[PDB]
Participant: 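Here we have a deposited structure with nelfinavir present.
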Number of protein chains: 2
Amino acid sequence: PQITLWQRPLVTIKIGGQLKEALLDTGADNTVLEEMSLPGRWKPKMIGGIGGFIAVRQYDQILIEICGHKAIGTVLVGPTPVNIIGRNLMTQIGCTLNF
Amino acid sequence: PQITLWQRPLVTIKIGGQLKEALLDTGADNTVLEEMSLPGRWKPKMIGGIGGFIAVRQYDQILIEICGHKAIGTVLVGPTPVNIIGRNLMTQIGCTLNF
Ligand SMILES: Cc1c(O)cccc1C(=O)N[C@@H](CSc1ccccc1)[C@H](O)CN1C[C@H]2CCCC[C@H]2C[C@H]1C(=O)NC(C)(C)C
């Protein structure tokens with residue numbers, strides 16, 4: 001799959017038995033999902049974007065299926081308006097920028 | 001150029017006679033630079049990221065040289081902590097995501 005950038009690079013994910021849409025985001029160090037319940041224990045974390053900071057819950061070794069490719073990594077959960085797949089997960093699916 | 005995502009995808013830009021480093025950001029609709037003086041007249045704009053909103057100045061038809069590729073487009077100027085090259089400029093340089 002080659003994805004051009006004329007539209008947002010949204011992909012379908014499967015995480016915790018749920019189907020979501022998420023944005024492939026090269027400008028994000030981390031992966032950030034809207035509120036959802038996840039197994040097992042987490043740690044509080046602040047992350048900064050443009051315009052300020054949000055509080056999130058850090059879950060490690062969480063299974064995610066991104067466009068049919070499985071990856072396990074750290075997933076942050078909190079009040080983001082868009083599901084974000086960051087570089088931590090993108091490297092696991094062999095995802096590159098090209099030009 | 002193929003860019004893997006193990007590190008931030010930072011590139012050198014030239015804009016308004018100045019050299020800067022900027023992040024190639026698939027998760028950004030717009031291009032956002034820290035405070036700098038630019039030719040032309042501008043319009044006020046609010047943009048939202050994670051954790052809130054910032055006020056920026058919208059400059060159109062601005063020349064930018066991104067990793068040696070010229071592009072002209074809308075550049076937003078304001079209190080972003082990182083220079084961000086968004087999709088609007090990335091399409092102009094033939095930039096794709098691949099995996
Ligand atoms: C800059 C920009 C636009 O011009 C237009 C639309 C969105 C954005 C925007 O802020 N996008 C961001 C993701 S968050 C997001 C929020 C709303 C919609 C889509 C994505 C960037 O892609 C990533 N963004 C780039 C960059 C922005 C300036 C501050 C430092 C980083 C923070 C980083 C980021 O947010 N990282 C998290 C791990 C917290 C997710």
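Sequence lines set the chain letters: A, B, ... in the order given, protein chains first and strands last, and positions in each chain run from 1. Indexing begins at 1, ligand by ligand and atom by atom, following the structure's order. Method on record in the header is X-ray crystallography, 2.2 Å.
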Participant: Quick check: main partner chain of nelfinavir (ligand 1) by heavy-atom contacts, named as in the PDB entry?
Facilitator: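 It has the most contacts with protease retropepsin.
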Participant: Provide the letters of the other chains having heavy-atom distances to nelfinavir (ligand 1) under 4.0 Å.
Facilitator: A, B
Participant: Which residues form the binding site of nelfinavir (ligand 1) when counting heavy atoms under 4.0 Å?
Facilitator: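 Heavy atoms within 4.0 Å: A/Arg8, A/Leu23, A/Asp25, A/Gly27, A/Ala28, A/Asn30, A/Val32, A/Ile47, A/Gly48, A/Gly49, A/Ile50, A/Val82, A/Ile84, B/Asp25, B/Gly27, B/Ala28, B/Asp29, B/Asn30, B/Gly48, B/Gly49, B/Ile50, B/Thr80, B/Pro81, B/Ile84.
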Participant: Please identify which atoms of nelfinavir (ligand 1) are closer than 4.0 Å to at least one heavy atom of B/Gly49.
Facilitator: 10 (O)
Participant: Looking only at protein heavy atoms, which one is nearest to atom 28 (C) of nelfinavir (ligand 1), and what is the separation?
Facilitator: A/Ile50 CG1, 3.4 Å
Participant: Closest non-hydrogen protein atom to atom 21 (C) of nelfinavir (ligand 1), residue and atom name please, with distance?
Facilitator: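 For atom 21 (C) of nelfinavir (ligand 1), the nearest protein heavy atom is B/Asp25 OD2, 3.1 Å.
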Participant: Quick one: nearest non-hydrogen protein atom to atom 38 (C) of nelfinavir (ligand 1), plus distance?
Facilitator: A/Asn30 OD1, 3.7 Å
Participant: May I ask you to identify the nearest protein heavy atom to atom 23 (C) of nelfinavir (ligand 1), giving residue, atom name and distance to one decimal place in Å?
Facilitator: A/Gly27 O, 3.2 Å
Participant: So for nelfinavir (ligand 1), is A/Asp29 a polar contact partner (N or O within less than 3.5 Å, distance only)?
Facilitator: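 No, no N or O pair falls under 3.5 Å.
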Participant: Starting from atom 15 (C) of nelfinavir (ligand 1), locate the nearest protein heavy atom and write down its residue, its atom name and how far away it is, to 0.1 Å.
Facilitator: A/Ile84 CD1, 4.1 Å
Participant: Are there any N/O pairs under 3.5 Å between nelfinavir (ligand 1) and the protein, and if so, what are their distances?
Facilitator:
| from | atom 1 | to | atom 2 | distance (Å) |
| --- | --- | --- | --- | --- |
| nelfinavir (ligand 1) | 4 (O) | B/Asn30 | N | 3.3 |
| nelfinavir (ligand 1) | 4 (O) | B/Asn30 | OD1 | 2.9 |
| nelfinavir (ligand 1) | 11 (N) | B/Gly27 | O | 3.2 |
| nelfinavir (ligand 1) | 22 (O) | A/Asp25 | OD1 | 2.7 |
| nelfinavir (ligand 1) | 22 (O) | A/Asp25 | OD2 | 2.8 |
| nelfinavir (ligand 1) | 22 (O) | B/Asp25 | OD1 | 2.7 |
| nelfinavir (ligand 1) | 22 (O) | B/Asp25 | OD2 | 3.0 |
| nelfinavir (ligand 1) | 22 (O) | B/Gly27 | O | 3.4 |
| nelfinavir (ligand 1) | 24 (N) | A/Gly27 | O | 3.4 |

